[PDB]
Amino acid sequence: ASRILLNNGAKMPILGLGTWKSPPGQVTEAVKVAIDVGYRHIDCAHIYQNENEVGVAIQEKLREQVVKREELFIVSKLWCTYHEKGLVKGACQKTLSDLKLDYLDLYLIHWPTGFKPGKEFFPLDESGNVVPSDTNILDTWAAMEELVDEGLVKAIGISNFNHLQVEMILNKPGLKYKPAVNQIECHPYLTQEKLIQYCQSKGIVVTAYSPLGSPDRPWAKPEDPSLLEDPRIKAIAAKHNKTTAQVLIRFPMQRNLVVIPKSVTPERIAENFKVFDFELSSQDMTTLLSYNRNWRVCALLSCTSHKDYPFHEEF
Ligand SMILES: NC(=O)c1ccc[n+]([C@@H]2O[C@H](COP(=O)([O-])OP(=O)(O)OC[C@H]3O[C@@H](n4cnc5c(N)ncnc54)[C@H](OP(=O)(O)O)[C@@H]3O)[C@@H](O)[C@H]2O)c1
Ligand SMILES: NC(=O)[C@@H]1C[C@]2(NC(=O)NC2=O)c2cc(F)ccc2O1
């Protein structure tokens, strides 16, 4: 099936288009091509600095009646410098304005770590440490709940939350809305079995980011493992007459995950969507799972002393 049921009663497309690192002069065409070839979910964020341009594409396709607003599933994220109560609505409303939407289908807390508010997305001290905010995540969550009650967002969720942090929200006194989604890094080198089983056991849908191992990550090193070039994965793809990317996107689909590969390349955008026509065997799935090496693309390395840094914990 193309969509998965959320704990808010809405359906979320299991395949979406990622937009981190999509250049502002390429992303409008990338999103327009994506909608034309069947994507109905776009993953966005204010700190990707391209929401205006994503929005231009969405609006054109709504205007052209290629799609109806109800058929789209648009996701964005609250940056770390907006965890204060008083700043959450404005940050949401800036994203809405940029995307030229009157609601978000899903709004996520981008990281559990709050940072000092200001113009800087990564405010730094004299030695390069991130300057934290004393806001705690449960107060941030109440602010996210308010956004649902004001009709600005249909669902709220979290991202890069470890199991104890998901637990903290689930055990929040006075909890009004559970998180719908936890969006986390997930691929055959970071298989996330423990955290996925915890979230799914609680009715929280997991979204897999960097599913192709983010080859365009700004900090890529030559010595790093490459999913797209791993002969073992290429062999599975060749057996199925699919590309390696296509196996990497179908893998999380069969774990009941949502997945959000990024591309600005028209041919790759179309390719990446043709993953509903084949199935990986359970053996293929267990084999892909065996490649785990707890390798992360996104480790937020400037925030390792933050009290809420999520990746000291095993999971
Ligand atoms: N919540 C968070 O903290 C968080 C963190 C990281 C990512 N995300 C979200 O997850 C998305 C996906 O992650 P990501 O951007 O890190 O990386 P990714 O989707 O794993 O990899 C994107 C890279 O793969 C290339 N690519 C795409 N399709 C390909 C194909 N069929 N064959 C060969 N190469 C292909 C893209 O190239 P071209 O673009 O040049 O075609 C780009 O260089 C992001 O864009 C963002 O929306 C969220
Ligand atoms: N260092 C990290 O782990 C993250 C990853 C990350 N990518 C992403 O999609 N969400 C993120 O927060 C990101 C994106 C940026 F635009 C700038 C920094 C950045 O850092």
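All chain A residue numbers match the PDB entry; in order, they span 1-315. Just so you know, ligand 1 is whichever comes first in the structure, and atom 1 is the first atom listed for that ligand. Note that these values count all heavy atoms, side chains included, but never hydrogens, waters or copies made by symmetry.
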Name of the drug or drug candidate at ligand 2?
-> fidarestat
Name in UniProt of chain in most contact with fidarestat (ligand 2) = Aldo-keto reductase family 1 member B1
What is the nearest residue to fidarestat (ligand 2) among those UniProt marks as active site in chain A, and what is the least heavy-atom distance to 1 Å?
-> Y48, 3 Å
May I ask whether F311 has any heavy atom positioned less than 4.0 angstrom from an atom of fidarestat (ligand 2)?
-> no
Under-4.0 Å heavy-atom contact with fidarestat (ligand 2), by part of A45 that carries it = neither
Name the closest protein heavy atom to atom 11 (C) of fidarestat (ligand 2), giving the residue it belongs to and the distance to 0.1 Å.
-> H110 NE2, 3.5 Å
For fidarestat (ligand 2), is there an N or O atom under 3.5 Å from any N or O atom of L301?
-> no
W79: numbered fidarestat (ligand 2) atoms lying under 4.0 Å from its heavy atoms = 12 (O)
Per UniProt, some residues of chain A bind substrate; which of these have a heavy atom under 4.0 Å from fidarestat (ligand 2)?
-> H110
Backbone or side-chain N or O of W219 under 3.5 Å from fidarestat (ligand 2) N or O = no
In the protein, which heavy atom is nearest to atom 9 (O) of fidarestat (ligand 2), and how far is it?
-> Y48 OH, 2.7 Å
UniProt NADP(+) binding residues in chain A within less than 4.0 Å of fidarestat (ligand 2), heavy atoms = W219
Look up the source organism of chain A in the entry.
-> Homo sapiens
Check whether any N or O atom of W111, backbone or side chain, sits under 3.5 Å from an N or O atom of fidarestat (ligand 2), and answer yes or no.
-> yes
Report all residues and nucleotides of other chains within 4.0 Å of fidarestat (ligand 2) (non-hydrogen atoms).
-> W20, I47, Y48, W79, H110, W111, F122, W219, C298, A299, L300
